[PDB]
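Overview of a structure with rebastinib.
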Amino acid sequence: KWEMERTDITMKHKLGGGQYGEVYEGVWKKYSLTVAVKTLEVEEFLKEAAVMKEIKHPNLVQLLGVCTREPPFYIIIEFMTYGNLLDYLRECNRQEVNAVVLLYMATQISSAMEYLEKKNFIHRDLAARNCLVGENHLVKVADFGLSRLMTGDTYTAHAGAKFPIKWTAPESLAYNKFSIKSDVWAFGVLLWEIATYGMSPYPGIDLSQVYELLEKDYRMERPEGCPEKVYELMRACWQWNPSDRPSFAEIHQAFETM
Ligand SMILES: CNC(=O)c1cc(Oc2ccc(NC(=O)Nc3cc(C(C)(C)C)nn3-c3ccc4ncccc4c3)c(F)c2)ccn1
């Protein structure tokens, strides 16, 4: 019942200024409803759809349908008007997108991640560039496969593997060890991204030197205007030992009872 017919969608523009891969603005003509359309090798492409069929949460991206074993193949997703969170923060009116709205943003992502934690999913690339902003500041967690779509300024090699270095937990850099706790660390950086209205992490520091810095216990400074308690949440997310890091259940609770 997920199967749609290609011709029921009118295809329009490339999303994200054309830096988010083969994903388009489209319209489900029957409902006059704007949708996002991922277009197409096929076995990875089909496995994405399968995963997304088992994802239902208000702060996670929502499959609407697929067009299958015929090219072009589509994955059709509910449309998020305002696009990615990174660019959103960077270009927003900060009286409208004020500290309350920043908090509401973080609280939404932690709910999404609480849900992924319960489902034993590991995201592996959490960051503001992978979050979507819709009407009334609704935020949804997504995965655009950006490691194949971006450059060495964001994704590059550490010890012979490719990483989004400045979002990557130390044990993942050192052992290719990925877990829900490596996603917590990433969440830490994403909280810093939100609080800075989309500043790049470790400003001015080359991706080359990040691991050694962390290892000597350096972490990023408290952003301007960020409450001490939210900063300590970042610092909790960035414990060297993944065991010492809070669960997403724990983080969500902290926002709830602030
Ligand atoms: C203006 N509006 C817009 O720009 C706009 C654009 C928009 O486009 C898309 C957004 C999200 C996706 N897809 C995903 O998010 N995939 C995903 C989620 C997860 C989770 C659920 C596990 C996080 N795992 N994987 C996921 C799973 C397997 C994968 N295998 C290979 C590659 C990637 C993969 C990703 C997409 F295809 C298109 C939607 C709404 N608005």
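Chain A uses the PDB entry numbers throughout; the residues present, in order, are 234-273, 279-496. Each ligand, and each atom within it, is numbered from 1 in the order the structure gives. For the numbers below, each heavy atom of this structure counts, side chains included, while hydrogens, waters and symmetry mates do not.
- Looking only at contacts, the largest set of contacts to rebastinib comes from what the PDB entry names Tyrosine-protein kinase ABL1.
- In this structure, residues within 4.0 Å of rebastinib (heavy atoms) are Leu248, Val256, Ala269, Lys271, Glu282, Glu286, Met290, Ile293, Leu298, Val299, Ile315, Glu316, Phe317, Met318, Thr319, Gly321, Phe359, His361, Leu370, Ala380, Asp381, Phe382.
- Below 3.5 Å of separation, one finds no N or O of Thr319 facing any N or O of rebastinib.
- On the PDB entry, the origin listed for chain A is Homo sapiens.
- Which parts of rebastinib touch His361 is read off a 4.0 Å heavy-atom cut-off, strictly below it: atoms 23 (C).
- Counting residues of chain A in contact with rebastinib, the top UniProt domain is Protein kinase.
- Residue contacts with rebastinib: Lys285 is placed with no nitrogen or oxygen under 3.5 Å of a nitrogen or oxygen of the ligand (distance criterion only).
- Counting atoms of rebastinib from 1 in the listed order, those under 4.0 Å from a heavy atom of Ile293 are 21 (C).
- Atoms of rebastinib found under 4.0 Å from any heavy atom of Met318 (numbered from 1 in listed order, with element): 1 (C), 2 (N), 3 (C), 40 (C), 41 (N).
- Those atoms of rebastinib with a heavy atom of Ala380 less than 4.0 angstrom away are 11 (C), 15 (O).
- Shown in contact with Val299 at under 4.0 Å from a heavy atom are these atoms of rebastinib, numbered in order with element: 11 (C), 15 (O).
- Each of the following atoms of rebastinib lies closer than 4.0 Å to a heavy atom of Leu248: 1 (C), 3 (C), 4 (O), 5 (C), 6 (C).
- Of the residues UniProt lists as binding ATP in chain A, a heavy atom under 4.0 Å from rebastinib is found for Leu248, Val256, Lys271, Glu316, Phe317, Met318, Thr319, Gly321.
- Looking at the UniProt active-site residues in chain A, the one nearest to rebastinib by heavy-atom distance, rounded to 1 Å, is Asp363, 8 Å.
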